Structure formats: C-alpha cells, structure tokens
Amino acid sequence: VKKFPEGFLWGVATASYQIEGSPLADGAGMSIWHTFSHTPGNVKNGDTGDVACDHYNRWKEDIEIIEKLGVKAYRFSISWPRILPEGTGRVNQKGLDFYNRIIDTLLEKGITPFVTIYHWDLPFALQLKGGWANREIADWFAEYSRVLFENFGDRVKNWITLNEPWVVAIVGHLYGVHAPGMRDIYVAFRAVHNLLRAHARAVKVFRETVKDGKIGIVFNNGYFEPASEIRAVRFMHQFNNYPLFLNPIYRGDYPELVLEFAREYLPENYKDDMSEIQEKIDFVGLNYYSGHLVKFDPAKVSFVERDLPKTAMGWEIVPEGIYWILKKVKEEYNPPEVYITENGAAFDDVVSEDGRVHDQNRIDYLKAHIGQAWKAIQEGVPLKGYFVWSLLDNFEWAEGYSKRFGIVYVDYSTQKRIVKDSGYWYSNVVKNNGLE
Ligand SMILES: OC[C@H]1NC[C@H](O)[C@@H](O)[C@@H]1O
C-alpha cells in the first residue's frame, strides 16, 4: 500500500474554453480561442468551443459527478471575457453569476475550489491591443485579477495566476499553433516577460485584497533525457520547464541557457522588471504528461522517437518523470508547497456493449504516476495535492474533440456523461487516500 499524508488534496481539473461552450452567452466578449478556432485551418476537423461539453448549462450535473466520486478539489478556470467582455473596464454581472453558482455549489458539497485565472482564453478586445505582447497587459491582468479577488476571494482561497505560460508564449506566438496564431520569436519572448510581469502584479493585488488565501502559478514540464553521453537536456529543462519562470521569480533573472539562446529576443532593459517579478508566491503547480529523448541538432535541439508505450497524443509514457520533476523543483528552488495540477492521458476510448468504458490503459497510466508522486513525498517534496486532467473529455485545443483525456466520457451527440473505469478507480484512490 501507498498512503498519502492526511489532508492531501485529490482533485480533477478542467479549463473554461475546453468544457463550457456558449462562448458568447449572457454578454460574454469573444476570446482569442473563439476567433482562432473559427479561422479555417487552425483546429483539427474545424472543431470549435461553441458547444464543447455544454458545461455552461450542465455544470450542476458535472459537479454532482465530482461529489459522487468523492473527489476533494476541483481545479477550473475562469473565462476572462465572460467577466470583462472588453478585457478591462465593464464587468459583466452574468459572468460573475455563472462562477458564483459553481463556487457556492462546490463549497456546499465540501469540494475545495482551485481557480485558474488565465487558462488561455484572452479577451479578443485585448488581442487587438497586442495581447501578451503589450507591456500594458500587466495592468489589464491586475485589474481582471482584482475583480475576481473582490468578488470570489471571500470563498475561493486557492488561486493560480497563469496556466502554462511557456505554451501561451511559445506555442501561441512562435509556433503559431495556438491562439493568437503568431510566428514571431521577438513577440514570443516579450510575451514570456509580460506573462511574468502580469503574474507578479496579480500576486501583489492578491496580498492587498484576499489577506487569508494562497496564490501560485502552473507550468508545463517534460522529462527530458539525453540520447547519448546532456547540454541539450539542460537547455530543454531550463526553457520548456518551470525554470524559465521560477528563475526570475526566485533568483531575479532568466536561466543561463535561456539567456544564451534568447537574450536578443527579450526587451533591452528586461532586468528593470525583475525585482517586481520576484513577488512572493505560495505554491508551485506542475503539470506533467510525457518524457522526451533529446539530442543536439545543428533551436539546436530535436526529439528522438523511442519504443515505449505512447498515448493517443503520441506522448511517451514515462512515469518516473513525475518523480524527477518533483525532486528537481525542490532541489532547484525549494518552494514551500507544490501541487501536481495536471497529469493524465489521451486514449482512444470506446463505450463497450456493457455501457462502460474499460480504460485500463488510463488506469495503468494514472496508477504509475501517483506511485511516483508518493515516492517524492517520502523523500521530502512538499506535495500537497494531485489533480487529474481531466474530469471530462473536452476540446483539446488544436486537436479539437479528437483527443479524450477525461475520466468521464462525453458522448457529444447527446452530452451524456459516462464515468470511465479510470474515474471509478480514481474514486477509490481518493476514498483510500492512496494506492493499495
Ligand atoms: O494537452 C493536455 C492538457 N495539457 C495542459 C493544458 O493545461 C490543458 O489545457 C491541456 O488540455
């Protein structure tokens, strides 16, 4: 048996645009993911977030599922454009009402809300003004955060500024694969820097407004391994993983190898912001899915395909990664608290004739990673919680509905939810506070 500490937080996680649908209901402004997915060629099968899981109407059902599974925490995000349809200025009471009902319901049912303030659905109005490229987004983000803290900070006490700011910056603004779909490296690194400045301004506002809660930030992380016998691994870790952001937050500069590669792309006087960026945070959130074999390649980095089980994303399954990254964050920055804020897998789920989804592959994946997380706890990592991505099959960004990450299956023709074997399994882990 592998039992977790008392009070350890078992959660599931979603994001607004991936599940809600009704992106323009009740006065909401367009987000950059509305406009990006309605642009031909950007998302697989022409999929959009217009309907998704219809969580906008079905929220009560979905939460009742969380309750019924005895899951203790729900990580969800708020749609900035539902709250402030032009990004700044006017506040939309019906947007506040929607999340208010969700929050109050969670608290009634004894589930701890973890709110992601930004999970990628930037108001379109602000993209017109440059979005993450514009230094002014630090103010816009502060104002938005303020509104949330003022309206919800009486009940929500666990907050996350940004989800995966590397993805926001690099995949949105260099690769052009995510909204706003840009391919400019100088824009991409100004977005990195402004994400940090916006994150830090929101923390500062938080200290002024919600004097009894906790705030952190979530990073994507891969477990990079070298193809032979190492510096490419070093760069990938410093660039793709938490150090890009944590080195500024804890040490006041970007990591060495990031500067080696990217100095020319950062603002000239970027160091002038670093003291503000060092605003103290309460926890680090790490997302982790996959491992990668890496080699130098005259980026100067390429991936090497390996044997190894893969998911439907083609991501290699390497459970020891989650242990490595947990050990590595403690070793490198020693944050007071850590959460695994996302871990999960996409498989080609089928509803069997018995009416059930026999996702033994997802159970195996989750089990292995939870065991590795447990190990890190035994070896001193202050892991306070673990969140499964995702509660529901949902809109998987540029992959559309073709990648199912849920522990609950969604039949999109009817919106029926069918708890998967992995969900039932996870429920028992939560009840038991660990593996048996
Ligand atoms: O790709 C899987 C998962 N990765 C991390 C992102 O937070 C989430 O939105 C996405 O669905």
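Along the sequence shown, residues carry numbers from 1. Read the numbers this way: they start at 1 and go in the same order the structure lists the ligands and their atoms. The analysis underlying the following values was restricted to heavy atoms, covering all of them including side chains, and did not include hydrogens, waters or symmetry mates.
The drug positioned at ligand 1, selected from 1-deoxynojirimycin, R-warfarin, AZD4635, WR-1065, is 1-deoxynojirimycin.
The chain sharing the greatest contact count with 1-deoxynojirimycin is, according to the PDB entry, beta-glucosidase A. Residues contacting 1-deoxynojirimycin within 4.0 Å (heavy-atom distance) are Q18, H119, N163, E164, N287, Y289, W315, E342, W389, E396, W397, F405. Close contacts of 1-deoxynojirimycin with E396, meaning ligand atoms under 4.0 Å from a residue heavy atom, involve 1 (O), 2 (C), 10 (C), 11 (O). The single protein non-hydrogen atom nearest to atom 3 (C) of 1-deoxynojirimycin is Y289 OH, 3.4 Å, given as residue, atom name and distance.
Of the protein's non-hydrogen atoms, the one nearest atom 5 (C) of 1-deoxynojirimycin is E342 OE1, 2.8 Å.
Near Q18, meaning under 4.0 Å from one of its heavy atoms, 1-deoxynojirimycin places the atoms 8 (C), 9 (O), 11 (O). Every atom of 1-deoxynojirimycin with a heavy atom of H119 under 4.0 Å away is listed here by number and element: 6 (C), 7 (O), 8 (C), 9 (O).
Close approach of 1-deoxynojirimycin to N163 is summarised as follows: ligand atoms under 4.0 Å from at least one heavy atom of the residue are 6 (C), 7 (O).
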Which pairs of nitrogen or oxygen atoms, taken one from 1-deoxynojirimycin and one from the protein, are under 3.5 angstrom apart?
{"from": "1-deoxynojirimycin", "atom 1": "1 (O)", "to": "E396", "atom 2": "OE2", "distance (Å)": "2.6"}
{"from": "1-deoxynojirimycin", "atom 1": "4 (N)", "to": "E342", "atom 2": "OE1", "distance (Å)": "3.4"}
{"from": "1-deoxynojirimycin", "atom 1": "7 (O)", "to": "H119", "atom 2": "NE2", "distance (Å)": "3.1"}
{"from": "1-deoxynojirimycin", "atom 1": "7 (O)", "to": "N163", "atom 2": "ND2", "distance (Å)": "2.8"}
{"from": "1-deoxynojirimycin", "atom 1": "7 (O)", "to": "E342", "atom 2": "OE1", "distance (Å)": "3.1"}
{"from": "1-deoxynojirimycin", "atom 1": "7 (O)", "to": "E342", "atom 2": "OE2", "distance (Å)": "2.5"}
{"from": "1-deoxynojirimycin", "atom 1": "9 (O)", "to": "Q18", "atom 2": "OE1", "distance (Å)": "2.7"}
{"from": "1-deoxynojirimycin", "atom 1": "9 (O)", "to": "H119", "atom 2": "NE2", "distance (Å)": "2.8"}
{"from": "1-deoxynojirimycin", "atom 1": "9 (O)", "to": "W397", "atom 2": "NE1", "distance (Å)": "2.9"}
{"from": "1-deoxynojirimycin", "atom 1": "11 (O)", "to": "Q18", "atom 2": "NE2", "distance (Å)": "3.0"}
{"from": "1-deoxynojirimycin", "atom 1": "11 (O)", "to": "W389", "atom 2": "NE1", "distance (Å)": "3.2"}
{"from": "1-deoxynojirimycin", "atom 1": "11 (O)", "to": "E396", "atom 2": "OE1", "distance (Å)": "2.7"}

